[PDB]
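So, a structure with estradiol in it.
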Amino acid sequence: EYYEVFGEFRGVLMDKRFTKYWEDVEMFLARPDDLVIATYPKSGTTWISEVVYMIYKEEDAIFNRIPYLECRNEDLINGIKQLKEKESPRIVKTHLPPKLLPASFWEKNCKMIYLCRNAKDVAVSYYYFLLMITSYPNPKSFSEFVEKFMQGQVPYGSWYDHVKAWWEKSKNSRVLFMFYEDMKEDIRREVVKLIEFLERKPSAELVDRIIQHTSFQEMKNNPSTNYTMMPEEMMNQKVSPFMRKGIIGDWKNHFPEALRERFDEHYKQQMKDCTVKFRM
Amino acid sequence: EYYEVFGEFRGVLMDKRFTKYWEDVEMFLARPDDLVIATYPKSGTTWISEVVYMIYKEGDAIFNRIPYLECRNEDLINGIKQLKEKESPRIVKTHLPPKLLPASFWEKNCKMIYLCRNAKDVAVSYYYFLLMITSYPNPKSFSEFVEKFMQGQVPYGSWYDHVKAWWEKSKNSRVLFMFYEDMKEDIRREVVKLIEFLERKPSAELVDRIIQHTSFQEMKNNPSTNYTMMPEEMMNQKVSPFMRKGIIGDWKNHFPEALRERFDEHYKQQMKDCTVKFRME
Ligand SMILES: Nc1ncnc2c1ncn2[C@@H]1O[C@H](COP(=O)(O)O)[C@@H](OP(=O)(O)O)[C@H]1O
Ligand SMILES: Nc1ncnc2c1ncn2[C@@H]1O[C@H](COP(=O)(O)O)[C@@H](OP(=O)(O)O)[C@H]1O
Ligand SMILES: C[C@]12CC[C@@H]3c4ccc(O)cc4CC[C@H]3[C@@H]1CC[C@@H]2O
Ligand SMILES: C[C@]12CC[C@@H]3c4ccc(O)cc4CC[C@H]3[C@@H]1CC[C@@H]2O
């Protein structure tokens, strides 16, 4: 059952396998040069993760090169253990809201990159992800999933609270805030911005290489990034592939008119006092 | 389909996920002090693995403490990688027949322990294991599974060829040959023998600690050894538990009379000239 798999932890709905040993995450020891990549699920984490890795490097699965902090499935999968054995400088992936991130990261003043995507398109991507994950109950319908999304009753909680809290943290010059739609409409600009934030020289050669290797077509056929290195028993891509469409606007093919009006109205009430600038 | 999952490799039927990157196994680098624990599937590997580990520690999931050499599932599970990162002295688990084991192990003259169990009881245990593994097609019936077993058309091939080849290897004083039924009927004797082979003192305190910790009842309740640390999506124990019965003679509850006669007759022709001494039961 849905609520046998997921349960509220400190006001955030979470996969119980990731909170059973919460102590390991809360007491995590950060290093001054650690870099944190944070996102709400299905906002382009894999895309920006590969861009940053390439920058660091001017085959092994991406989930091995950049460990997923809080991911845990008893003794078979353990992100914390992977990080303890990782040589510096480490790149750390996470989907946690600011109130749940290990305090050591703030204490040590580590650099961080937060990426977001428009809410309607995130909901479409998340719906298919639940179908893909074998141990996650399939929603009875897209609409039923959207009602849960609006209530923040999906893994990692409310998208609204997630974006608002990370936007506030981005007041800090060491926390970079970025958008999926900006990477889609002006990739060269976003890559140069990332190279500069990480204190490196943006050369035409480096910038072109990254733009070339990180296209959706490129990443969909790279076994290291398309998640085919992860067993079908856990993630069945026969049901739905990880690199699905990679576009802006798929909400137009899933949201009936009545539902869209209610969602957009709800969005307004939620994001009233937030200054974040999403692309038109 | 059965043969979409399994394929013959150098005359041995194998899970294709374990042979896709065979080069990683063939070129494996052994160390002089490595210890190899080899068995045909479902013969008591987990039981003897825990006994040996306890000996090393003189009184974390078992698949992490003692890596399964050839086990591989793309980038999620990789026994070779685990071993490269393991501090010595390493304990290595494997289900491979002698002709498929990495040659480096023979070149370095490493010590090894081989364990076997009577064929009829192994077939019963193996049948339930296929039901347990989610990605393995469930046999249509026990009899159909037995026909495949007699033909060597099950993962890791012919049980007959496996036992005969390892028995020949045991001529070497550094390769110990043992039986599941001997551990069941005379555990203290078998434990003292293992402590001595690994060059340690079989004190009364030590022997007694091992015997109590490795009973079927204890291990069935120990999350480290009962394979509950492995996701149900891969191994569903709701279908059949890993620590199933742990007895001698369950074949009597599965083999119809007609089938048993044919199996035993076939066994005779396969093992006619083998001097191996199985226990009377
Ligand atoms: N190089 C790339 N360019 C564009 N979209 C990409 C991409 N790599 C991944 N994506 C998209 O990012 C989403 C997955 O996000 P995450 O990595 O956070 O889980 C998917 O969205 P869609 O389901 O809409 O296709 C996927 O197709
Ligand atoms: N401490 C113990 N004592 C007796 N049998 C044990 C045991 N631990 C495991 N077993 C048995 O060993 C078999 C599993 O073997 P392996 O470890 O090689 O996969 C199972 O046989 P059954 O299915 O007949 O019960 C299991 O119950
Ligand atoms: C860890 C699992 C595989 C990886 C899955 C994943 C992988 C990547 C990601 O960004 C989010 C998630 C959420 C659910 C995870 C799954 C829960 C059960 C499964 O074993
Ligand atoms: C590696 C798997 C889990 C562990 C299983 C195992 C575990 C222990 C063992 O002695 C043999 C086997 C054979 C099949 C394996 C399975 C094949 C698919 C699954 O992911």
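Convention: sequence-line order gives letters A, B, ...; per-chain numbering from 1. Whatever order the structure lists ligands and atoms in, that order sets their numbers, starting from 1.
For estradiol, the full set of ligands or chains is ligands 3 and 4. The macromolecule with the greatest number of heavy-atom pairs within 4.5 Å of estradiol (ligand 4) is, in UniProt, named Sulfotransferase 1E1. Other chains in heavy-atom contact with estradiol (ligand 4) below 4.0 Å, by letter: A, B. Residues contacting estradiol (ligand 4) within 4.0 Å (heavy-atom distance) are A:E233, B:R17, B:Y68, B:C71, B:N73, B:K93, B:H95, B:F129, B:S135, B:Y136, B:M234.
Looking only at protein heavy atoms, the nearest one to atom 18 (C) of estradiol (ligand 4) is B:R17 NH2, 3.4 Å. Intersecting the UniProt substrate-binding annotation for chain B with heavy-atom proximity to estradiol (ligand 4) (under 4.0 Å) gives B:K93, B:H95. Protein heavy atoms are absent from the 4.0 Å sphere centred on atom 2 (C) of estradiol (ligand 4).
Per UniProt, the active-site residue of chain B closest to estradiol (ligand 4) (non-hydrogen atoms, rounded to 1 Å) is B:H95, 3 Å.
Looking only at heavy atoms of the protein, atom 5 (C) of estradiol (ligand 4) is closest to B:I133 CD1, 4.2 Å.
When only non-hydrogen protein atoms are considered, atom 19 (C) of estradiol (ligand 4) lies nearest to A:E233 OE2, 3.8 Å.
When hydrogens are left out, the protein atom nearest atom 8 (C) of estradiol (ligand 4) is B:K93 NZ, 3.6 Å; that is the closest non-hydrogen contact. Considering only non-hydrogen protein atoms, atom 20 (O) of estradiol (ligand 4) sits nearest to B:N73 ND2, 3.0 Å. Looking from atom 4 (C) of estradiol (ligand 4) to the surrounding protein, the closest heavy atom is B:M235 SD, 4.0 Å. For atom 12 (C) of estradiol (ligand 4), the closest heavy atom belonging to the protein is B:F129 CZ, 3.6 Å.
When the UniProt 3'-phosphoadenylyl sulfate-binding residues of chain B are filtered for a heavy atom under 4.0 Å from estradiol (ligand 4), nothing remains. Summary of contacts: the protein heavy atom closest to atom 14 (C) of estradiol (ligand 4) is B:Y136 OH, 3.5 Å.
At under 3.5 Å, not a single nitrogen or oxygen of B:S135, backbone or side chain, sits near a nitrogen or oxygen of estradiol (ligand 4).
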